Structures are given as structure tokens and as C-alpha cells.
Amino acid sequence: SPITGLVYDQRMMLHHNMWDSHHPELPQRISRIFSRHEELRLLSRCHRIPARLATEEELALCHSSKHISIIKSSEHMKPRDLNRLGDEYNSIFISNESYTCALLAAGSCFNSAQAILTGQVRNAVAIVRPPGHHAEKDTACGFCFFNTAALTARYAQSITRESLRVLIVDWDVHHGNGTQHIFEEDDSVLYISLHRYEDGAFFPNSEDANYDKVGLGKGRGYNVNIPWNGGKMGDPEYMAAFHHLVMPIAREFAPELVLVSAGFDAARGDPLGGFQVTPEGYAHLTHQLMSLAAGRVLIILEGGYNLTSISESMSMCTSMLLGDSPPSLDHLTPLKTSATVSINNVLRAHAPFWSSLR
Ligand SMILES: CN(C)Cc1ccc(S(=O)(=O)n2ccc(/C=C/C(=O)NO)c2)cc1
Ligand SMILES: [K+]
Ligand SMILES: [K+]
Ligand SMILES: [Zn+2]
């Protein structure tokens, strides 16, 4: 009798790269995930939540009006202008439909958050593109135009109270620089990220992503960065990180709503991440988060670029939200030595702020 929501809309496939049809952020990323849900017959077990466009008023919850106006103008640009405008950012391609698709993925998530916080569904999954977590207040970055998960947290605050406590768990393989920045001075939104770092060398190449960035002002303590260095990470490393850091801090935060920036480019077989998290692994992480916030969980697709890997992985995540038993997880071998060093580094950076860490 608890209902799981699912939002997907084909029109988000229209955002595309007109000079390199093989660019890895592919229209069929969302259609492959959705099709895999039909094959496992999870689709008919969920309630369909419709997509909509975000308003420009809603976009102003996190983004400047200058940044909204430039992306918006690209809907009518000639190809040569689309290319020149795209090159003014760090890793961005743009077509005439890009604007609408970025509006569609945020509006799909506002509707999903609204269904949760009125008690129409218990939890929800959002099969959307282009992704959001690199987008800054003032600019686009790394295939992202608007920060969908940040906009979703402010929209949720706007339909409840302003200080509603939102936990954002970001398990995409890259650091969510735009999201950290948007809430760095905020104690109402808890940002927890796992990400490949390599002493600042992995994308997005900034030392903002190290464990010593714990937040500013009244937000000191509410930013948790868990960086990996020098190892091909997998299910052991992520199970230990939840067990020691994510779940203690998050229980102590006691969120009223949980957003997952759910990128699957740390999954075994991705051509960018170099990690080996399994679909079983992602399922267990989902299952653990389900214990927070009276189960109010929203799963947001971010990165992830092996088509088979992202389909199997998110589908396991939907199977957890629907209530199925967690799958057989293999053996938690000891952690790569460097992954232990990483976890201890976060415990020492955050134990002054969280009484459940030492
Ligand atoms: C090594 N120096 C030159 C910097 C550098 C520049 C570009 C690229 S890139 O073009 O390969 N690139 C862009 C975005 C993503 C990931 C997106 C995602 O999944 N977020 O979740 C991957 C990598 C590195
Ligand atoms: K991340
Ligand atoms: K924060
Ligand atoms: Zn990524």
C-alpha cells in the first residue's frame, strides 16, 4: 500500500550534440533505463508522475537571472552561435531543444517532490536528462545546465517551510561542485558526496572536493566530502563509507526529505569512472537510505555512461523503493588501503561537528 512514483518523458531525449552523435551523454540514456524497467516489469508497479517545465521563477531559487537568460536565448540560435556559446563553458554542447529539456528535468523533480510531501507516494525515481549537479548559480558546467537537485531542495522548502531539512546524497563518481557551492553557507540542507578525487586531478579538477571543506558560517559541518584516491573503488569501499560516515551523520541530521543525486558512472563498466560498484551495491545503498526521513526518498539520475550498466543499476534502485528484498551481496573484501585513509580523514574533519563520530 505504499506507492512508488516514476517520472519519465520522451521529450528529454531531444537535447543533443549535433557535431558528434557519439558524445557519451546520449539521448538514449533515459530510454534505455526506462526500457529496462519494462523488461523487469517494475513499470506497472509504480505510479506514473507527469513531467512539466520549471518556471523561470522556480529557476531563480538557485540561478542568477543572467544565467537563465543566456541559456533561454539559445533556443533560437543558429548552429554557429550554438557552438560558440557552448565553447564558452567547461564541457557543454547545446542544441535548440536543450533549454526545454533542462526545464523538463527540473519540473519532473518538483512534481516528484510534491507527490512525496503530500503523501501521494512514499518514494520516487526520476529518469531525467541533461544532468544537473555541476551547474553553478552563475554558469553551466560538465553537461549540466540547471542544478536539478538543488532546485528540487529549494522547491521542497517553498511548499513546506523554509527550514525544512533536506539531505542530498551525491553518489555520482564526480564531485557535485555546483551543489556544494549553492548550500555551502546553509545549515538547512546537508550535502554528502562520494567522488573520485586523485588529489584534485579527476574532473571537475578542483580542491573544493577535498575532505577539509566542511562548510562556511552557520553551515560549518553541513558539507561532507568523501574523496577517493589511487584505487579502483567498489562495493567494499562504498559499504564502509555509508557504514562509518553517511548513515551516522544522516541519522544525526534527521532529515525530513532525502534527495539522491544518483549518477551511475561509478558502476562497473563505465567508460569514464574506472570504478566497479555493482547493481547489487547500488541497491544496498538505496535500501540503507530508505531508513531515513520516514522513507521519503527521491532518486535523481545524474551521470552514468555505459548504457547497460545504468539500466541495470537504477532498476535495482527502483526495486528497493518498491520494497523488494535486497539482493545477495558478495563478499566485502578488505578495503583498498587508501580507502581506509580516506574514511579516517573524513572522521577527523567532521568529528568536532557530529557527536556520533569519533
Ligand atoms: C584533463 N583535463 C583536460 C580536464 C578535463 C576536461 C574534460 C573532460 S570530459 O570531457 O571527459 N568530461 C566532462 C564532464 C564529464 C562528466 C560528467 C558527469 O558524469 N557528471 O556526473 C566528463 C575531462 C577532463
Ligand atoms: K558525487
Ligand atoms: K550545506
Ligand atoms: Zn559524473
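The numbering of chain A matches the PDB entry: 441-798, in order. Atoms within a ligand are numbered from 1 in the order they appear, just like the ligands themselves.
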Legend entry - Pick for ligand 1: vixotrigine, pimasertib, resminostat, hydroxychloroquine: resminostat
Inset, instruction - Report, using the naming of the PDB entry, the chain with the greatest number of heavy-atom pairs under 4.5 Å to resminostat (ligand 1). - result: Hdac6 protein
Inset, instruction - Show the binding site of resminostat (ligand 1) at 4.0 Å, heavy-atom contacts only. - result: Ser531, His573, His574, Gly582, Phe583, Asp612, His614, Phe643, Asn645, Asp705, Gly743, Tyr745
Inset, instruction - Find the other ligands and ions that have an atom under 4.0 Å from resminostat (ligand 1). - result: ligand 4 (zinc ion)
Legend entry - Exercise check, heavy-atom protein proximity under 4.0 Å to atom 1 (C) of resminostat (ligand 1): no
Legend entry - Nearest non-hydrogen protein atom, atom 7 (C) of resminostat (ligand 1): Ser531 OG, 3.8 Å
Legend entry - N or O pair under 3.5 Å between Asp705 and resminostat (ligand 1): yes
Inset, instruction - Verify the contact flag for atom 13 (C) of resminostat (ligand 1), where contact means a protein heavy atom under 4.0 Å away. - result: yes
Inset, instruction - Answer yes or no for atom 19 (O) of resminostat (ligand 1): protein heavy atom present at a distance under 4.0 Å? - result: yes
Inset, instruction - State which organism the entry records for chain A. - result: Danio rerio
Inset, instruction - May I ask you to check whether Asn645 has an N/O atom sitting below 3.5 Å from an N/O atom of resminostat (ligand 1)? - result: no
